[PDB]
Amino acid sequence: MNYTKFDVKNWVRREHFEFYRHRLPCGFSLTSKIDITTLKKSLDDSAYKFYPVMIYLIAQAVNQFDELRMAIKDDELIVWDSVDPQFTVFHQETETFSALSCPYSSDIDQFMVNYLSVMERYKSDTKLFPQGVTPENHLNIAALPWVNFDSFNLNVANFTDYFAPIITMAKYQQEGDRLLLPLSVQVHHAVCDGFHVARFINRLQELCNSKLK
Amino acid sequence: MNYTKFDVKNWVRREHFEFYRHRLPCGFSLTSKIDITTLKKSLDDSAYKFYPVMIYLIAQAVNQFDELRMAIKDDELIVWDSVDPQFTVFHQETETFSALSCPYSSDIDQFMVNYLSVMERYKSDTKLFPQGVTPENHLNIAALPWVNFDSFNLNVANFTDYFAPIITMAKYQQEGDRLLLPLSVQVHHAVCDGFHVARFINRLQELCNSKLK
Amino acid sequence: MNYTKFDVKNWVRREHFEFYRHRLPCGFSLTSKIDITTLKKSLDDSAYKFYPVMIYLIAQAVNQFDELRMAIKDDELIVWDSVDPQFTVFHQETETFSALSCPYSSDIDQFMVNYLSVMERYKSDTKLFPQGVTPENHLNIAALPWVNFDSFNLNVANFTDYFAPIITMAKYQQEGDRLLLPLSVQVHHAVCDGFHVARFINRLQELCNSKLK
Ligand SMILES: O=C(N[C@H](CO)[C@H](O)c1ccc([N+](=O)[O-])cc1)C(Cl)Cl
Ligand SMILES: O=C(N[C@H](CO)[C@H](O)c1ccc([N+](=O)[O-])cc1)C(Cl)Cl
Ligand SMILES: O=C(N[C@H](CO)[C@H](O)c1ccc([N+](=O)[O-])cc1)C(Cl)Cl
Ligand SMILES: [Co+2]
Ligand SMILES: [Co+2]
Ligand SMILES: [Co+2]
Ligand SMILES: [Co+2]
Ligand SMILES: [Co+2]
Ligand SMILES: [Co+2]
C-alpha cells in the first residue's frame, strides 16, 4: 500500500506516544516568521506564483519527515509514504472558502500542472469540499492573505488521534531588510515534539532560500 | 425585537456553519498589531482617554458586520441589530477585575457619557458582574495594560454555540516610527472565517486612522 | 507540612475562583519578549550557563507569588510554601526529551550544584520521567532552543484543577540593540488573572536585569 505499519515497540518515543495520546492528550501551535526575502527574488525571476510555491515547499518539507505523516489506520500507527496538500481557496464573489487537494510531485513543474488543473476544474465550486472526501494522506495548509498576524491558534473541541500537521500563513511584511512570512504550525503531541516542529521550520526556511529548480 | 432571525437555508456559508458548529466544532484566535500612531495624536488633541476610545472603536467595527453579532436563541441563528461592549475594569485596591457593560452609541460623546456614568456607579464594586446578568447582545473586550504580548489565546473547556467575539488588548509600544497595539481576536469557526477576522482588523485600523468626530 | 490551606471564604477572588474553576473552566497563554541584553553580559562575566540560569530565575519569580503555587489537595485549595522546577532535557542521540526536576534554592550556587548533580545522574536516561513521579510542588519549564517563535500555546483536552504555571522559552534573537527571549506563560484562569501574569513577567524582566549574586 501507500503507507508502512510503524514499529511502535522499538521506537524511542514509544513512552511519549502513549503519554500524549492517552494519559495527557494534547497538542501545541507555534507561529514563527519565515524569511522570504530570497524566495521573492526567485519568484520574481520566474513565472511561478506565491501561494502554489508555498504549498509546494510546505508539502516538500512535510514529505521529508516521517513524524509529520503519521496516522492511525485499523487501530495502528502508520507512516504515509507520501502526503498531498489540502489547501484553502477563497471565492471573492461569495466571500467563502473551499478546501482543495492535488497530488504532490517532487518535480515543481508537474506540481504546478496539478494545481492549475484542479484550480481550473473547481474555480467556481463553492462546496466546502468540491472534490469529495479528503484523501487520508494529507496535510492542511491555509492562508490568511488579508492581514498579518504574530500568532494563530485553532481551538478544537475534539482532536483525538488526528496527527496531520495544520499549517497557516498570514500576509507577509517588510521588517527592515527582510520580507517575513508568519507561519503557524499546529501539531499533536503524540507524534511531534518541539524539536520536530523546529526541524520542519528550519528545513522550510532552507527551501525558501534555495533554487526552485 | 432587537434582532432578526437569520436566513440559514439561502446563506452561502450554510455548509460551513453546520460543519464547524457540529461536525468539527472549533474556533481560532489571532493577534495582530494595530498601528495606533494616528489615534495617539487625535487623543492628544482631545479630552478623551485611551481605554474608552478603544472600547468605542471596537464596538463600532463590531456593529458594522453581521457575522460578529451572531447568536443562537430558541435554537435559532439570530443577528443582533446592535451589540454593547462588556469590558474589564481593574480594582487597584483588591487587585481583582469586574466586567462592566454600557450601551453602544454611534455618537462618541454619548458613548463617553454612558461609560463615565457606569464607571461612576460601580467604581468600587468588586463583584465579578456588578450590574447583574450580562446582556445577550454583547461583545467581550479585555485589556492587559501592564505587559506587551505578541500572542494571547483563551483555552476554554466548553465553547459550544457561544459566537460573541472575544477581543483582548495588551500594553502598546513604540516599534520605531509607530506606536503598535497588540490585539487578540478569538472567534468561533461556525460564524467567522479568517476573511471575516481580517476584515474587522482592517476596518479597526481604518477607524484608528480617522477623525474621532 | 510544606504548604498552607488557603483562606477561600475571605479571599477577594473567591467569586472568580469558582467562576473559572467550575462555571466557565478556562485558562490562557500569552507570549511576551523578555529583554535579555543585561543577562547575557552577566552570564558572559561568570561561569554560569543560560538554561540553568533561566530555570533558576523562573523558579525565583514563581516562588515570590502565591497564586502561581496553588493546587487542590484532598479537595482543598493549598499554597505551596515553595516549588521546584521541572524542566525538559534533550537527548541529541535519540532526539527525544526527558523531564527532570531539582530542588529550588535561593542561593544560586546551591541551585547550580543541584542542577549539575541531577544532570549528572540522568544525562543518558531516556525515560520520560527518569526520577519517577513528579513532585506535587512543581512548575513546568520547557525550552525550544532551535527556533524562535512569537507565540506558543498548548491545546490540552483536559485541564481540570491543574494550576501549575506552564512556561516555555524559544531561541533568543537580536532585535536591533536588544537580545530578546520569547517566553510563553500558560495558566489556569481560576487562580490567575492577566494582572498576575503581567506581574510575573515584569518581575522576571527585573531579575534578568539584576546581579546574579
Ligand atoms: O477546516 C479546514 N480548514 C480550516 C480553514 O480555516 C482550518 O485551517 C482548520 C484545519 C484543521 C482543523 N482540524 O483538523 O481541526 C480545523 C480547522 C479544512 Cl479541514 Cl477544510
Ligand atoms: O471572563 C470574562 N473575561 C475574561 C477576562 O480575563 C476573558 O476575557 C474571557 C472572555 C470570554 C471567555 N469565554 O467566553 O469563554 C473566557 C474568558 C468575562 Cl465573560 Cl467577565
Ligand atoms: O509534558 C510535559 N512537558 C511538555 C514538553 O513539551 C509541555 O511543556 C507540557 C507541559 C504541561 C502540559 N500539561 O500540563 O498539560 C502539557 C504539555 C511535562 Cl509534564 Cl514532561
Ligand atoms: Co493507552
Ligand atoms: Co520519500
Ligand atoms: Co448538526
Ligand atoms: Co447597524
Ligand atoms: Co463549584
Ligand atoms: Co517564600
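The chain called A is the first sequence line; B is the second; the pattern continues. Using the PDB entry numbers, chain A covers 6-78, 80-219, in order. The numbering of chain B matches the PDB entry: 6-78, 80-219, in order. All chain C residue numbers match the PDB entry; in order, they span 6-78, 80-219. Only this structure's heavy atoms are used, side chains among them; waters, hydrogens and symmetry mates stay out. All ligand and atom numbering here is 1-based and tracks the order in the structure.
Of ataluren, zidovudine, ramelteon, chloramphenicol, only one is at ligand 1: chloramphenicol.
What binds chloramphenicol (ligand 1) most in this entry is, by the naming of the PDB entry, type III chloramphenicol acetyltransferase. Other chains making heavy-atom contacts shorter than 4.0 Å with chloramphenicol (ligand 1): A, B. Neighbouring residues of chloramphenicol (ligand 1) under 4.0 Å (non-hydrogen atoms) are A:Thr94, A:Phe103, A:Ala105, A:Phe135, A:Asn146, A:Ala148, A:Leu160, A:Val162, A:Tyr168, A:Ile172, B:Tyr25, B:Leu29, B:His195.
As recorded in the PDB, the organism behind chain A is Escherichia coli. Applying the 4.0 Å criterion to heavy atoms of A:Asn146 picks out, from chloramphenicol (ligand 1), the atoms 19 (Cl). Each of the following atoms of chloramphenicol (ligand 1) lies closer than 4.0 Å to a heavy atom of B:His195: 5 (C), 6 (O). Atoms of chloramphenicol (ligand 1) found under 4.0 Å from any heavy atom of A:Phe135, numbered from 1 in the order shown, are 20 (Cl). The distance from chloramphenicol (ligand 1) to the heavy atoms of A:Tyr168 drops below 4.0 Å at these ligand atoms: 14 (O). In terms of polar-atom proximity, A:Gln92 is not counted as a contact of chloramphenicol (ligand 1), lacking any N or O under 3.5 Å from an N or O of the ligand.
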